[PDB]
Each structure stands twice: as structure tokens, then as C-alpha cells.
Visitor: 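First, the structure itself, so that you have it in front of you.
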Protein chains: 2
Amino acid sequence: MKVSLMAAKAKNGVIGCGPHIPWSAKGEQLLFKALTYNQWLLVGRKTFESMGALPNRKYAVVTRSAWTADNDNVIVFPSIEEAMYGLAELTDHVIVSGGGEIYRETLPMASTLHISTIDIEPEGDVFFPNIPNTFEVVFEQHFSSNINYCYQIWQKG
Amino acid sequence: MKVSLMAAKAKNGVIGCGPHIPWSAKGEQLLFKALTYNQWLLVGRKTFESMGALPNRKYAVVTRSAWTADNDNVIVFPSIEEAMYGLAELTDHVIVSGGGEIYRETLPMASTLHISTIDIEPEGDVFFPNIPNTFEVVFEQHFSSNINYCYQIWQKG
Ligand SMILES: COc1cc(Cc2cnc(N)nc2N)cc(OC)c1OC
Ligand SMILES: COc1cc(Cc2cnc(N)nc2N)cc(OC)c1OC
């Protein structure tokens, strides 16, 4: 199965200040809605709880705890390893859609990054990992909004 | 300024049966909405009338008549050269968003294509031109829907 990764980070690499995103870049989330439509996503438990489920997406949620989910559209996995083995029988394609921890543990398995950088440098204590130079930008487009943002697609070369 | 082009075509190349699109693929238009967000779009006058202005988007519309719009978000030009010269004072980027005529006229200026191919072969007045080998696919993603669709980004090689 193909592993993609989709994130939005500030220019200082912040993705998270506790359970919040410390910015609202009007329009950016349309990109996430476009590329996740009828896809399978892999999310950490904290990101899943803070951001909720959208319709027309399936979720693999990883926890080390006894946490569970009423949603029929969700499968809980005890590890990333297990989620990958599971997903591989359920889909051609999974989009890793966050957690700091999840991004750190999955970035090496990804063949395509969808990265949005927001024109702000806010307070924060979760950070996107460093992008290995095995990856190259193949597409980029700037957006003007309340806070500008840059969308880039990276492929593993 | 960089010229992109964004289109959605059936597998047989149909983009239009008169002023309608002969199909509705749930999900696909999210990609159009996310990539045109707060961008300048170049549209022919026929497409503009049949499909209407969207909010949060700027329009360069070309006519060979004295046709005009009812919208301070719209600039009418008598030619594509005039539209380009005018836009270049306002923006580093324009997305050509159709007409069959417009696509044919502008494909030679475009350095990035955003092409959605819908899994259907309907009847069609209007067709997307053939993609010259001057361009190469740099990204691709498949979507399952009521009608499946494939999204590809082509760059000028
Ligand atoms: C996993 O849950 C969501 C996460 C995000 C964050 C996010 C926002 N933008 C981009 N490009 N990638 C992301 N991962 C955004 C969301 O909706 C806009 C989510 O709703 C399901
Ligand atoms: C020119 O305005 C629109 C055009 C289209 C057709 C279209 C649909 N999908 C893609 N990817 N590109 C397109 N050009 C679709 C639209 O709405 C979903 C438009 O907004 C009114």
C-alpha cells in the first residue's frame, strides 16, 4: 500500500500547543478535505480526539492505552506496526494525518508528503520532524489569506 | 507570472455537453475548490455564465464582444494577452479554469496542469485537448466514489 503523510506546520515547525492549532489559516483545510476524501487516515489518539471524525473517511487510531471509539468508521490499533499490517489488507493507500509522535514514527515509510506551511511563528510544544533530503518538492503553490500558507508536495527520490 | 491550468475530463476527454458537465463525481470538486482558493482564475465568457462566480476567488474573463459582468471581483479583457498583462500587475499566479476554447488557447503558456479524469465515457459537444509530451506527471492519487476519479499534477519538463 502507498503511505502518504499530510500536515500543516507554522514556519517555526509548530503543529500543536496542547490540544489546539495556534493559528487559523482560512482555506488551508480545504486541501486536507480534498486529498482525504474517501481515504483511510492513520492518526494518533490525541489528534483524533482533538480534531474529530469527518464523513467519507476511515480512521486507524493508535493508542498504548485501553481507549476505544464508538464510530464504525474507526479501527483502534495497539501500535503503528499493527495499524500498517491491518491497513495493508484494507486499502491500496493510507494518509498519515498527524500526531507529532505519529509523524516522527511514520515519515520514513512515506513515499509522498503533503506539507502546508503557515506564515506565522507561534508559541507551541509539538513540532513536525526534520524532512530527510531523500525527499524532493515536485509541486508548490502560495495562497494569500488572513495568514498566508504555502502547499508543497514532496516525493521520496 | 506562472500559469497553471485546472480541468476535469471523462476518460474519453469529454468536458462538456453544451453548458452542462454530463456527470457528477462526489469528492472531485473539493480539489478545484482547494487549489483555486483566493487565486486569480482565467475563464472564457461561456464557462463563466454557465458555472457562475464562486466566493473567495478573483476572475479574469475574456470576451470578443462588449459583454461585461455585475461583479467588482471580475475583470473583463478583450484578449488573453491583455488579461495576462493586466493580471501580471496584480498576481504572480493565474489558474486557467476553462472553456474548451480557452484550454486549447492557453495550454502552450501553462507550466503546471491539475487534471482530474473521471471513470466515465459520456456523450459530448466539448473535449479537453491532448496533453503534449512537453509535460510529465509528478503526482497522482486515485479516489473511489459514485464515479471513481484520478487526480494528476503535470509539470512542464
Ligand atoms: C485528523 O483530523 C484532522 C486534522 C487536520 C489537520 C491538518 C490540516 N491541514 C493539513 N494539510 N493536514 C492536516 N493534517 C485537519 C482536519 O480537518 C480540517 C482534521 O479533521 C478530521
Ligand atoms: C470555472 O468554475 C468552475 C469549474 C468547474 C469545472 C472543474 C472541475 N474540477 C476541476 N478539477 N477543474 C474544473 N475546471 C467546477 C466548478 O465548481 C465545482 C467551478 O466553479 C463554479
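Chains: lettered A, B, ... by order of sequence lines. Using the PDB entry numbers, chain A covers 1-157, in order. All residue numbers given for chain B refer to the PDB entry; the residues shown span 1-157 in order. Just so you know, ligand 1 is whichever comes first in the structure, and atom 1 is the first atom listed for that ligand. Values below: all heavy atoms of this structure, side chains included; hydrogens, waters and symmetry mates excluded.
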Visitor: Do you know which of triclocarban, trimethoprim, tolmetin, nortriptyline got modeled at ligand 1?
Guide: trimethoprim
Visitor: Quick check: main partner chain of trimethoprim (ligand 1), as named in UniProt?
Guide: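 It sits in most contact with Dihydrofolate reductase type 5.
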Visitor: Within the structure, which other chains come under 4.0 Å from trimethoprim (ligand 1) at some heavy atom?
Guide: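 Heavy-atom contacts come from A.
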Visitor: Which UniProt domain in chain A is home to the majority of contacts with trimethoprim (ligand 1)?
Guide: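 UniProt calls that domain dhfr.
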Visitor: Report the source organism for chain A from the entry.
Guide: Escherichia coli
Visitor: Name every other-chain residue that has a non-hydrogen atom under 4.0 Å from trimethoprim (ligand 1).
Guide: A/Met6, A/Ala7, A/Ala8, A/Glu28, A/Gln29, A/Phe32, A/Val43, A/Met51, A/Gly52, A/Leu54, A/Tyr59, A/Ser97, A/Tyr103
